[PDB]
Amino acid sequence: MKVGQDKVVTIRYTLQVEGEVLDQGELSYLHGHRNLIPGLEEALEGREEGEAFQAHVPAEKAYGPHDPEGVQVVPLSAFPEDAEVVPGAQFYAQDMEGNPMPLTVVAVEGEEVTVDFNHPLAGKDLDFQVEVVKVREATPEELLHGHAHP
Ligand SMILES: C=CC[C@@H]1/C=C(\C)C[C@H](C)C[C@H](OC)[C@H]2O[C@@](O)(C(=O)C(=O)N3CCCC[C@H]3C(=O)O[C@H](/C(C)=C/[C@@H]3CC[C@@H](O)[C@H](OC)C3)[C@H](C)[C@@H](O)CC1=O)[C@H](C)C[C@@H]2OC
Ligand SMILES: [Cl-]
Ligand SMILES: [Mg+2]
Ligand SMILES: [Mg+2]
Ligand SMILES: [Mg+2]
């Protein structure tokens, strides 16, 4: 069975960015419902069960470009009372509506912390080694819920 719309697809993958392995695992996902980054989904379309391949996904088809508006300066007093506020530290946060807006610390100067609200992989090209392990039809329950089930 080939990867396509409304198939549940099981893949084994390794993610590398700029020569460094960032993640590895196995995933089952519902194909064609914006559940995967667009570029990888495009690369998987039409693949047969058992196929293995490499996929270089440009930032634009992955987590998008780095938005300069995402880099902001916030007061140090906004951070958890006894947290370590240093470059690379991550904190969850939300916007003025309530949508998830996690951040990464870029730099600290006195009581001012420069943070980045961009996705950590924004602007990065992603390299995947991928194996298609299984392809099956989605169940009605999966189609109604919009994602794969165990
Ligand atoms: C609770 C339910 C949520 C569910 C949560 C998890 C299973 C927990 C687990 C830690 C998530 C991922 O672990 C599998 C982990 O995988 C990465 O490490 C990774 O290697 C990656 O990039 N992958 C995974 C392998 C397929 C390609 C890509 C992906 O497409 O992943 C998909 C993805 C993020 C798609 C977004 C969806 C929103 C779109 O807007 C965006 O479009 C840009 C693309 C994953 C599979 C989602 O469908 C499933 C979820 O997120 C990300 C670097 C970080 C990501 O952690 C956050
Ligand atoms: Cl899914
Ligand atoms: Mg069909
Ligand atoms: Mg097989
Ligand atoms: Mg100032």
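For chain A, we keep the numbers from the PDB entry: what you see runs 1-150, in order. Atoms within each ligand, like the ligands themselves, are counted from 1 in listed order. Recorded method for this deposit: X-ray crystallography, 1.6 Å.
Among gedatolisib, clorobiocin, tacrolimus, rifabutin, the compound found at ligand 1 is tacrolimus. Of the chains in this structure, the chief binding partner of tacrolimus (ligand 1) is, as the PDB entry puts it, Peptidyl-prolyl cis-trans isomerase SlyD. For atom 3 (C) of tacrolimus (ligand 1), no protein heavy-atom neighbour is found at a distance under 4.0 Å.
Checked by distance only, tacrolimus (ligand 1) and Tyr63 come closer than 3.5 Å through their nitrogen or oxygen atoms. Proximity of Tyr13 to tacrolimus (ligand 1), defined as any heavy-atom pair under 4.0 Å, is confined to the side chain (atoms from C-beta onward). Using a 4.0 Å threshold on non-hydrogen atoms, atom 21 (C) of tacrolimus (ligand 1) counts as touching the protein. For atom 49 (C) of tacrolimus (ligand 1), the protein comes within 4.0 Å by no heavy atom at all. Proximity to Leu121 (heavy-atom distance under 4.0 Å) selects the following atoms of tacrolimus (ligand 1): 53 (C). Of all the listed residues (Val17, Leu40, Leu27), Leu27 holds the heavy atom that lies closest to atom 46 (C) of tacrolimus (ligand 1).
With a 4.0 Å cut-off on non-hydrogen atoms, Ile37 touches tacrolimus (ligand 1) through its backbone as well as its side chain. In this structure, atom 52 (C) of tacrolimus (ligand 1) is in close contact with the protein, since a protein heavy atom lies within 4.0 Å of it. The heavy-atom binding site of tacrolimus (ligand 1) at 4.0 Å consists of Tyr13, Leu15, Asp23, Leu27, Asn35, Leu36, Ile37, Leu40, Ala62, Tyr63, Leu121, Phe128.
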